[PDB]
Engineer: 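Just dropping this structure here.
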Amino acid sequence: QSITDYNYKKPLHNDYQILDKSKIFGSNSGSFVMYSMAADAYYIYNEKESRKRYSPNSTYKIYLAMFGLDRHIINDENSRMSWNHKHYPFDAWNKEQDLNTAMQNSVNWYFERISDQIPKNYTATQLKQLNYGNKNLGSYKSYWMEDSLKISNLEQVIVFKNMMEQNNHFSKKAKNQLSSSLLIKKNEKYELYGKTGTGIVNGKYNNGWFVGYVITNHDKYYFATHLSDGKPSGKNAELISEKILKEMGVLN
Ligand SMILES: *C(=O)[C@@H]([C@@H]1NC(C(=O)O)=C(S[C@@H]2CN[C@H](C(=O)N(C)C)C2)[C@@H]1C)[C@@H](C)O
């Protein structure tokens, strides 16, 4: 919208390492960013591309979930919402949800129902305090889905780390509840948490995301993959993330 809504230009005041992950990306285009808690250091593939701002799509469900927890729209005894009986083309959407099922199955109406209860001024205050991308709410409708709100791959990592790790106004209860909703994989070596996002424009994939974090016995890593071309799906961003985290030794 304005001159700075498509790119993030704030200098990293941290140690950083440039990665070459181009063979894993293959025919796809985009970037990968990871932050290590123990190192206080960023590892970035395609640094320029990582600072380009894009619609967060379903990754913004992270923040809607936190806002809904923070405003007591949902809690830990009850995060249930009944289905209004509108038929969706996905059967997982056609039923009652809780935060866990809605996050896992990316059920838009659940998060839309949350967003409708949140006053615009509260969201504006949150996005400022979080430094969330361009902070642009536009018409405040489904503003996180191929609309005015945009955020870069680099910012996805920085903003999520800061939200979760700083002592701020979100409670520990809310952060823990959001975390359980994001858990994908847990074994002896690691816990993998995250959320895919896909933007569909004219039936075509336009924008793929996977934003998350890994807890190991030694460290905690925040990461994000964005795809802008090739086959830019959430599914493919997740696959690419997994192979990169593996190569880097984060999953082992
Ligand atoms: C979020 O970005 C969108 C929805 N989220 C995702 C995603 O997680 O990447 C998809 S893609 C895929 C298509 N149908 C699947 C589904 O909903 N179920 C199997 C239950 C997920 C959506 C397109 C967007 C609409 O905000």
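In chain A, numbers come from the PDB entry; the residues present are 2-253, in order. Note that ligands are numbered from 1 as they come in the structure, with each ligand's atoms numbered from 1 the same way. No hydrogens, no waters, no symmetry mates; every other heavy atom, side chains included, goes into these values.
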Engineer: According to the PDB entry, what is the name of the macromolecule sharing the most 4.5 Å contacts with ligand 1?
Structural biologist: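 Its main partner is Beta-lactamase regulatory protein BlaR1.
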Engineer: Which drug does the model show at ligand 1?
Structural biologist: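 That would be meropenem (bound form).
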Engineer: Please write down residue, atom name and distance for the protein heavy atom closest to atom 11 (S) of meropenem (bound form).
Structural biologist: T199 OG1, 3.9 Å
Engineer: Which residue atom forms the covalent bond reported for meropenem (bound form), if there is one?
Structural biologist: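 The entry gives a covalent bond to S59 OG.
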Engineer: Return the option from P57, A93, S59 holding the heavy atom at the smallest distance from atom 2 (O) of meropenem (bound form).
Structural biologist: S59
Engineer: In the protein, what heavy atom is nearest to atom 18 (N) of meropenem (bound form), and what distance, to one decimal place, separates them?
Structural biologist: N106 O, 4.0 Å
Engineer: Please list the nearest protein heavy atom to atom 14 (N) of meropenem (bound form) with its residue and the distance rounded to 0.1 Å.
Structural biologist: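 I find the closest protein heavy atom is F91 CZ, 3.4 Å.
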Engineer: Quick one: does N58 get an N or O within less than 3.5 Å of an N or O on meropenem (bound form)?
Structural biologist: no
Engineer: Taking heavy atoms and a cut-off of 4.0 Å, what residues surround meropenem (bound form)?
Structural biologist: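 Counting heavy atoms, the site comprises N58, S59, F91, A93, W94, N106, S107, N109, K196, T197, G198, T199, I201.
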